[PDB]
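Next up: a structure with GS-441524.
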Amino acid sequence: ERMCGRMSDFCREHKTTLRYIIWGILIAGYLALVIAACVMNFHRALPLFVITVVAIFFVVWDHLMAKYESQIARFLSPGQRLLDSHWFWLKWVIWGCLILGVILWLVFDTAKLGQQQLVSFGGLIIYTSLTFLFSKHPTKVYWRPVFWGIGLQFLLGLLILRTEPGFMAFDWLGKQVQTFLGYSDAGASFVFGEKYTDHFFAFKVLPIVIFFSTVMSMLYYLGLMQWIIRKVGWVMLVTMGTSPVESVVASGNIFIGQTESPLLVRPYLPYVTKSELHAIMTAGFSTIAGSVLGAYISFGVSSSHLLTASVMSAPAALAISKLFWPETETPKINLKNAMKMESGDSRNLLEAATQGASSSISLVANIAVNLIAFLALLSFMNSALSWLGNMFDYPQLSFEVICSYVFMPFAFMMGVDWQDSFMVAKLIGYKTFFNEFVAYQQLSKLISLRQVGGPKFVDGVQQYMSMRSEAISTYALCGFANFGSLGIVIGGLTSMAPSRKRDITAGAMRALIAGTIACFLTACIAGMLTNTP
Amino acid sequence: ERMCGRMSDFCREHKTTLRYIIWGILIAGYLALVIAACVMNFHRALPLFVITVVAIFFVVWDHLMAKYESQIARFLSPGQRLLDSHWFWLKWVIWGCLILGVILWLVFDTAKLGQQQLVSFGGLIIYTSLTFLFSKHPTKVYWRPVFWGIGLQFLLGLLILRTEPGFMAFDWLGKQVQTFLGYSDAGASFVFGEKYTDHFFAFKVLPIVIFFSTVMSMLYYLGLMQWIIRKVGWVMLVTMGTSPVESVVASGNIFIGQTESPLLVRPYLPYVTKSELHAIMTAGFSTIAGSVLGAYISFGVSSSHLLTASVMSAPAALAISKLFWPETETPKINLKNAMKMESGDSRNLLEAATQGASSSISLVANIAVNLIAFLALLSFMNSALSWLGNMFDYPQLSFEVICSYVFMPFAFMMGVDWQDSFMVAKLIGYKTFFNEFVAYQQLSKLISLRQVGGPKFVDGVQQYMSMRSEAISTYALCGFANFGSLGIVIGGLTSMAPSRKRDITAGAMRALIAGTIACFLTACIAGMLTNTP
Amino acid sequence: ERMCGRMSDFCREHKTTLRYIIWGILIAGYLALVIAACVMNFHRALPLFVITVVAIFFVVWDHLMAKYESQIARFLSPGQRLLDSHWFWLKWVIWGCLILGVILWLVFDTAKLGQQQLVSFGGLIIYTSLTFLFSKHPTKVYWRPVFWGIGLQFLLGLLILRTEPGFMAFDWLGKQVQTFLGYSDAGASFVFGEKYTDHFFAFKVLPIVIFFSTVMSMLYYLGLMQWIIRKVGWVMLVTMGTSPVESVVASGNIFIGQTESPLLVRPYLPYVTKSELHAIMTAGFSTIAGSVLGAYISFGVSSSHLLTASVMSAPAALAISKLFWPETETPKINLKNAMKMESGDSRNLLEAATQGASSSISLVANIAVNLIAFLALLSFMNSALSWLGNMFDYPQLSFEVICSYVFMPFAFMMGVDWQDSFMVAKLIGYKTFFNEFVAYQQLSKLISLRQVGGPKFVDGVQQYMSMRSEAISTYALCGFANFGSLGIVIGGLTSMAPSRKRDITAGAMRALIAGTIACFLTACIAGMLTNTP
Ligand SMILES: N#C[C@@]1(c2ccc3c(N)ncnn23)O[C@H](CO)[C@@H](O)[C@H]1O
């Protein structure tokens, strides 16, 4: 086998150049395809050219930052020194300018829009005051992260809701997801036949969850998700000054679920402080996964609003966590350790797809079993309350009626008008007690009722609410927080970090309340930026 | 934060009085609601008043027993001493009176009712004799528990089947469960659509199991189930003189499945004796779980009879366990240890509901798969026996035909008339060989056929049986005793108590036979108390 | 209890004779039934008589071989010595005779049949040459197993495809399975109602898998499967000279899935060599399981061809494993250790049935979820490729179009004609990239399209292929070899043998390629033996 030996020696001698040449040939072929498509027709091939240009730009940027980090840091250093030297007097000027800008924006936009947006701003202030008053360590509050998170939320709201470029970009991004969720019909029709639409939810919606889980697993294998998570987490860390671990987990929670987000920093969980653990739990409670976004879109909820709320939740979660439970210890983990995210054990893309598919079985089973149990309990409770109510000549007593009054003040502070606050209170109660699926189902019912165009009041009962109220409800309901998800979170986090069982249990309720408050703050900003039609 | 410190000091100083005052205010509000409902209309608010009165009575009784236990015991002591002093001669008088009462009841009721009830009594005697003859230690039999269990069964049968108060109470209780099982339709319609009735069993019956599991978990969290179990177990322990652990497990098995009832005494399992272990297994085999009651009621089986058999099974299970495998060791566990039941790790009611919901997944999956496999095996066996039978010009040979003859003597001793004994034998075989679900499905088929009113014989084949025979079959079929559950029972019990693997395996078959015999004894009593229409 | 003591003493004294007498009485009863059936009518009772005769013959044969092994070996020894003495010169005569026979068969059959069978033979030669060239140790090849496996495949093909007895036997065997898979409808109708056919795959096909899993578990409990596996494994071991462990695992893989076949030799896995491990993995990848045979038959794939491919795969798998990764170590395990197969922990037949039923839950769930995910990914990829293709005025670009050209050379070497090679390439790609379920679904689509009789070309697109091409595709697609199962295979094998994790990972890809090559070799033989209609 002399030929085999010679071939092996050749491969060993120049292994690096051979694979590099192969990759270069593949890249050249792709570029040739792109240029040929552009030559044949440019308007038709524009999106491919844009994607290629942005990919090349990001690759070059990443390479340059990796290679010239020290030089750039040294070049930036003198400016930082001068700014530190002049900061003692420049801070007052900067703060005064920011306050003046806030006042001018309020006076010239919010007052023009109407009273409800001013009420939204007041509700944001009140939620922040309430969070501060019931803080774990009111005297140890570091105010930089809170104001920076609120400012980042406000900037995102202005960019996405008050500008044509951002509005078009997010409308397009939402429209793409609707196209993407339709592909699961191919599998659903085969597995469940052409009559799979006879049982809409079980045989059409859950397959969307399965497909999205599979796609998320494939993306995680490809490493794009860690790239985006690192970008957003670095932005938050440099702006808000938060710890690398909590910043990374908050950025990840935008896409990944509550129970699978901490796995990004699993090795370092035992050494985190109490504040970081509370922030991790708050971020988990304040966002929704990407697996269960197609399910919400299928009901009829706006995709653009869901994406915007998911993006805005992370800074809100971090700010509310820092205000509610400020840091009183020294963080141990560093940026390099936090940013490295151990990828899963998948040998190839198809194995990653199969692993993502397999994991969805438990998720889709629980999603249906919990819904069955909660809807049965709701029907039983409504019947029991009607039975009790009839003894006072009030057989209309129900869970919805009680929620309409208990949670109305929370909806009013978010900027919902008086009439629609009682309807939003019912959704708030549904989310708080059972889960977000039950609340989004009712929200989709109301959206469809409005879109039909029928009478708004029948026998004195309001049938649907305004579109701004619907948007505010969508922002408020975008989370994983409910009184029934505390046990699974505690169990999973203890399983990842058994030594920290005592600490995990202590802050879980505060993290859940912080998540709800962060969702309400995002809803407050959305309400204060939207206009009354 | 001086105000925060002062508030914390105030809370710490008088924590006990603050929560007590809050609870008192809640109780006062509830009482105000009840009295207002009664004032506005009394006949309409009667059940609420009754529930409040019984709850207050039980709370006061429990408090008094807890506080004045020593005083009551001391007050009772002299009477016990006098009774012990005179017992050597009073025992013959008491036993003679009981025997005379039994004879008088037989002569003046059973003979009047007909021959079949005398046959039921003879079958009860024969089953007890057979249990004694094949006993593990025939010379070590303690006869108090056997006679006390039989007497308690007879008293329960007289109270429930032969008196208007008990009959009305149990009919009402059964009717309430039928209303309760309808609530799962709310979840079933949403998850599976409005066409969920196109697949009746999978999309309507199993959700009832899920909802019942959720409700049972919520009740166990609330602690009412332990209260009722403790009451019934104390009654049995004081009457039959059984060990606290076995009494508690028998009482619990009325509501809880065989595989979860032992969890009530999990810490003390390693120290139980062989007789207690056999009694635990017999009780598990002799009763059903509350989660599957809804499916049986949905098939069409009488709810009142199911509840009565479930209640009567526990004393029968304990008596048959004690007779078949009497105690030859010294029990180690005491009443206080047996009665304390470590509750689950649920932080709030909604978490308990979600945990109950999640557990039901495997239950329903196993039920569906087992039914599919058993029905396919039944069809294959029937086809194979028809193929074999045709070689003797008897192509009618089938599993049902063989069962009609093999198990007919067991049905006849239970008091079923000659014609219907062969039909009950088929149900007995179905239960013995596959499970109680198929036997109850066939029983529901027969009940529906009778209720239609069609011809009783078509081409010489009997289509349905009498209602007394149906009741006797319902009593006989109430149990999880089948050859296929021996493996799972042994696995679960060994998992709870690994050290006792050798002992668990030894008595499992005897416990299964004891459970079947206990079910047959309950059927015998039901038959001897029912009348021929 | 003197009577009980005497009975126990009697039972202990003559335990062996009592059970032997009972078994003899049962056997006498069975023989009486058989003889009576034969007397009443012989033609009607013929199959029962045949089954009884074959069972008696096999029992007597097994007893004689067990009892007289040493005597038979000694009697055979002198002939072996003479053959060894004369082998140095007789080997050339034997090899020349075999080569002449091969040449004569080629010239007088293959040339007559047509060019395509000669191309199949050339493809077999090319596949063997390619396997040799890329071998792990090309200089350590032991050529006995390769030639013996190829000869055994050729003999099986001649017996089953070129003789009336074998053809009738295998057609009958396939027809029996079609009858057997119909029994699951009894359970499916009850669990899913009479409308279970509204969702054909989920509510009719998976229950077949459940029933087949249950039947396989019952057979494994009964010990017939080990009997057959031992017979086939001894045949392969004596002919090919393979190690006992690899022979036993290859024989078992004919009926058992890749993930459960190694459990037959679980205790001895840690001491196997690298070559044996590679052979185990190749055998697992080169065959299908009996649980999924029913689904494939339900789709419309020929049952006889599936059975023949499953039988032929084992020698092909072993030969390709030995050629690709030859043995360079000393095997430690012996025949006696390999042949003993520790049975499962099932106390009775019904418990075995329930355990087989329970295991099927994850199998069917994973099948359904993987199918949904793969079909959704296929639809998304087809849409993306159409979007990319339209930029070159070729919107017809698709995954199928690319596969039709990428894998066409593999199909052509198997003997498929030029036109149908492109269609077989699509099925090859489907199997390689997602699984064998989708490829078989497409094959059933094509088979139905051919069986309808419509036009073969519509607008220049071929609709269906010849029946010989369908048979070759059926042979080629019989295997669990796909990129997505590498992870689960490695995980399961490491779980069984944690110490061998490093060795398991190294050879998994080579074992998958060897399995694919073995499937292609079986397809090559099937093509070279079939005729063009
Ligand atoms: N279980 C679950 C959940 C869910 C949805 C999506 C996920 C996910 N990606 N990872 C873990 N959980 N998860 O369903 C409820 C309603 O949507 C929620 O409260 C979650 O508890």
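Every chain is numbered from 1, with letters handed out A, B, ... down the list of sequences. All ligand and atom numbering here is 1-based and tracks the order in the structure. Quick check of the header: electron microscopy, 3.2 Å. We use all heavy atoms of the structure for the numbers below, so side chains are in, but hydrogens, waters and symmetry mates are not.
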Chain with most contacts to GS-441524, per the PDB entry: Sodium/nucleoside cotransporter
Find all other chains that place a heavy atom under 4.0 Å from GS-441524. A
Could you help me figure out which residues touch GS-441524 at a heavy-atom cut-off of 4.0 Å? A:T259, A:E260, A:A289, A:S291, A:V292, A:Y296, A:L363, A:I367, A:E436, A:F437, A:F480, A:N482, A:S485
